[PDB]
Amino acid sequence: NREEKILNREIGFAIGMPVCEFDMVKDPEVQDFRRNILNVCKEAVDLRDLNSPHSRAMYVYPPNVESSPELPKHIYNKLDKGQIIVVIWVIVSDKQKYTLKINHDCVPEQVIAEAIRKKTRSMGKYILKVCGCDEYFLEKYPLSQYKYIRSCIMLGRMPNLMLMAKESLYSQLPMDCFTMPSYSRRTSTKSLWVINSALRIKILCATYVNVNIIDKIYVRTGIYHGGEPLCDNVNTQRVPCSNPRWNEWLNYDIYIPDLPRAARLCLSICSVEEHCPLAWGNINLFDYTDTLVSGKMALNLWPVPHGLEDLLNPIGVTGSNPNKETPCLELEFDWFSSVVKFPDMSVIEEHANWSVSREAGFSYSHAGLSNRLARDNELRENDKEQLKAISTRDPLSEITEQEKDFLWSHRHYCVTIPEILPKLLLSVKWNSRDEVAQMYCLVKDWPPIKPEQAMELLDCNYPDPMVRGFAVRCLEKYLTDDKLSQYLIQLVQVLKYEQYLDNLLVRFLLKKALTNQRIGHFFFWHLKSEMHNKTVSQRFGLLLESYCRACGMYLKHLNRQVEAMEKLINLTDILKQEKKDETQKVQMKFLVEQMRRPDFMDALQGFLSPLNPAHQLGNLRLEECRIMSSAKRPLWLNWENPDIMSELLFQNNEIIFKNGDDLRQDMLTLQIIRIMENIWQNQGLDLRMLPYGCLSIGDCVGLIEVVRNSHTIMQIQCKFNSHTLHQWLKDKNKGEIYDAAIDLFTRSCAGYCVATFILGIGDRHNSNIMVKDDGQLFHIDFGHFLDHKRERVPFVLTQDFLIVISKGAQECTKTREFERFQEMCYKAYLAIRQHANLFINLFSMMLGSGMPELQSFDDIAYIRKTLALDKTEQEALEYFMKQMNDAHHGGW
Ligand SMILES: Cc1nc(-c2cn3c(n2)-c2ccc(-c4cnn(C(C)(C)C(N)=O)c4)cc2OCC3)n(C(C)C)n1
């Protein structure tokens, strides 16, 4: 009706394209997704009104909590006999302060009781809010499990909480009525396993093949399961590019009933002997309804990515190019007088049971015919140790063919060491329906593994839907909202590897986004930021449509953020194309004049920070905004924090808006830094890092959190001697606090030395290392990582840094300060090595992004080198010291 049309305009504005463009899409998969996904929308809305208004408040303001209440011993020992000092504020008439000393693990209702006790000594109706931002303690966790409280304990800051009446929070949460949209109102058939025929596909002709007359041309093809070929590639005959017509049947060395569910056809047009791909494309051999492709098809192809010289691109995206003014290959598939469907699960289970029972009857001599057969008995405990050994290798370690036969033959024992599942899966003969059906039944009852281990099974090495479904069930059962937020970037990226629009992973992620608004906010922005990338914009736009339809009132707040970012994009675009040669003064006059237009001024003020939607951005402070000197001329922007107690957190929100460089690699490096820092703290290795906020919001457009009161090394030594840095630090921390500043500088140095060495970050210089007044050192600008150059040391500690560490001693390399510094590095390095699978998998999950430094598994191999995974641990230490000793010309 009329209200649906208004909502469609809002959704269209949020996602950057009109909803009517989805309505015109003819593809049945697209219209079925739009309709069928709505039961996730409904399920989520019903969880939110399950216990109103509390359930609604928990959705908008979910508890920001660590994944477990247990405190590292070094954190706990910062308390006074396990007790914490907190300040509770009450708004009365005027702000009244009440200081409490309570056990670190009282729940909020207890803290509120003690605050009222103290207040009445001055002679379930309240909640606690963090002073200065929109963060609440709505749930009965231990106080120290809230990240704000945990952070205060570690940083030695005083927690400041505000008492607030429940009803004054509930009052401001609009009830949203979710309405089902108008589109919600909507020869035989033979099993694949009965088709007794080999696979054959006809290449007819190519259109839109416009080239520089490049001469002889051919179509290369292959059948793939993930990246694994299921048979040899098959080429057409060569023809000249002026007449690209083949009409050639290609015969594949594979039996049709042996085609696995995720089988794909990968092809390309190649030039010729120097061969070179000109355009590529992949298609699912089964569609989303389990039907084998049939009839004729036109496939619009994709351009070759600069860097790839392979002739096929099977880890490239699957499906037709939306740009129809592109090389278009016409295909024809085999005809069978019948629709052919992948067999249902009951048929697969029957076949697996038949196979298992047959193999259990195999004689000794029969089992000897194949190393993939082993008799139940034979299993010795040395084979058991070898299985356990294999299960501890990292995801990029080669599994030899003999190892694969060995794993497959002992698949049933593997159930007792369930983390071996990823290696067992890469040992399956995916072109054998006998083996695959058995693997299906093993997966359906496989024991659960850790979410960090399950995430590997969603990357591009694991296309099978039963495998990915098991991975999703593991996340559903074990992944906390805290870790889902931590790994959300990767989980969004692996949506791109799903064969179909509707799948278990997207239903899981959408439901979490629609029941936790902190997850939903970044879900929205990660998807929105890629709506320019045409390999994913249909999938992501449809997903965003379904998010926007059910997220409730937050859609209106997102639209405030989208409009503000759009205005900043438009202004910076003008500056870089129409005024780029004018002086700063002139550009600044132009900028202030444009931001003072009333439509602009209103769009740029009074909205939530996309970096952290708990932070309200109030009125701009134009006198504090400025065009920075760095490359691409980013904007330094300053907003008032309108929170009634802003002075207790920060009174101004400073954000850098950068239009022109890709920020996705910085995003990923800052995420990894945070994970490393988390690993170190849990082990009681207190190395303070600074993973400041960074969010890509578009095509080379994004936001960066400003660390207030920090300076580059260069700013410092321009006010110079190699003692200037230490001298600056000592003057900032005179008295009894000098030692704490040296210690914080030493630990922060050790963390960044180790982190940047492991990741192969871009070379450090005195303009991309910064220091806070209190001694905390950190790095900025991570536009390069991994093997972008034989392993570099990006952070070489020059004399200035050693002088600080050694408290001003001339011979700083030969002090016990330096020795304890080295020990921190060694402990930090070995700690990350123990978690190498995590970091390898997090990188592998990002392979399908457009990030140029992260294109193949061999880019990730760099991490295998810096962590020395093929060495022993003591050999790994020795390797790290030599890299350090080489880079510094002595010391280590
Ligand atoms: C890819 C990338 N990343 C960054 C980046 C990332 N950060 C900062 N810049 C950043 C920059 C300045 C400041 C700052 C704070 N106070 N001051 C004042 C006191 C003005 C100073 N020293 O004169 C500067 C703080 C910062 O926070 C760290 C996060 N840049 C930039 C090159 C655009 N480019």
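Chain A is numbered as in the PDB entry, which gives 107-199, 203-232, 248-310, 322-348, 351-409, 417-863, 872-941, 949-1051 for the residues shown. Each ligand, and each atom within it, is numbered from 1 in the order the structure gives. The analysis underlying the following values was restricted to heavy atoms, covering all of them including side chains, and did not include hydrogens, waters or symmetry mates.
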Report task. Give, per UniProt, the macromolecule that holds ligand 1 with the most contacts. Result -> Phosphatidylinositol 4,5-bisphosphate 3-kinase catalytic subunit alpha isoform
**Report entry** PDB drug name, ligand 1
**Finding:** taselisib
Query raised in the report: What atoms in taselisib (ligand 1) come closer than 4.0 Å to a heavy atom of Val850?
Result: 15 (C), 25 (C), 27 (O)
Report task. Specify the protein heavy atom at minimum distance from atom 31 (C) of taselisib (ligand 1): its residue, its atom name, and the distance to 0.1 Å. Result -> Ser774 OG, 4.4 Å
**Report entry** Nearest neighbour in protein (non-hydrogen) for atom 30 (N) of taselisib (ligand 1)
**Finding:** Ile848 CD1, 4.4 Å
Query raised in the report: What is the UniProt domain of chain A where most contacts with taselisib (ligand 1) occur?
Result: PI3K/PI4K catalytic
**Report entry** Any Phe934 heavy atom less than 4.0 Å from taselisib (ligand 1)
**Finding:** no
**Report entry** Numbering as shown, the atoms of taselisib (ligand 1) that approach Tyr836 to under 4.0 Å (heavy-atom distance)
**Finding:** 6 (C), 29 (C)
Report task. Could you see which bit of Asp810 sits under 4.0 Å from taselisib (ligand 1), with heavy atoms only: side chain, backbone, both or neither? Result -> side chain
Query raised in the report: Against heavy atoms of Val851, which atoms of taselisib (ligand 1) measure under 4.0 Å?
Result: 15 (C), 25 (C), 26 (C), 27 (O), 28 (C)
Query raised in the report: What atoms of taselisib (ligand 1) come closer than 4.0 angstrom to any heavy atom of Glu849?
Result: 27 (O), 29 (C)
Query raised in the report: Which residue and non-hydrogen atom of the protein lie closest to atom 20 (C) of taselisib (ligand 1), and at what distance in Å?
Result: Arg770 NH2, 3.6 Å
Report task. State the binding site of taselisib (ligand 1) (non-hydrogen atoms, cut-off 4.0 Å). Result -> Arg770, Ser774, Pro778, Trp780, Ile800, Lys802, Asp810, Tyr836, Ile848, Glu849, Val850, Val851, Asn853, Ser854, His855, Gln859, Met922, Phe930, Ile932, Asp933
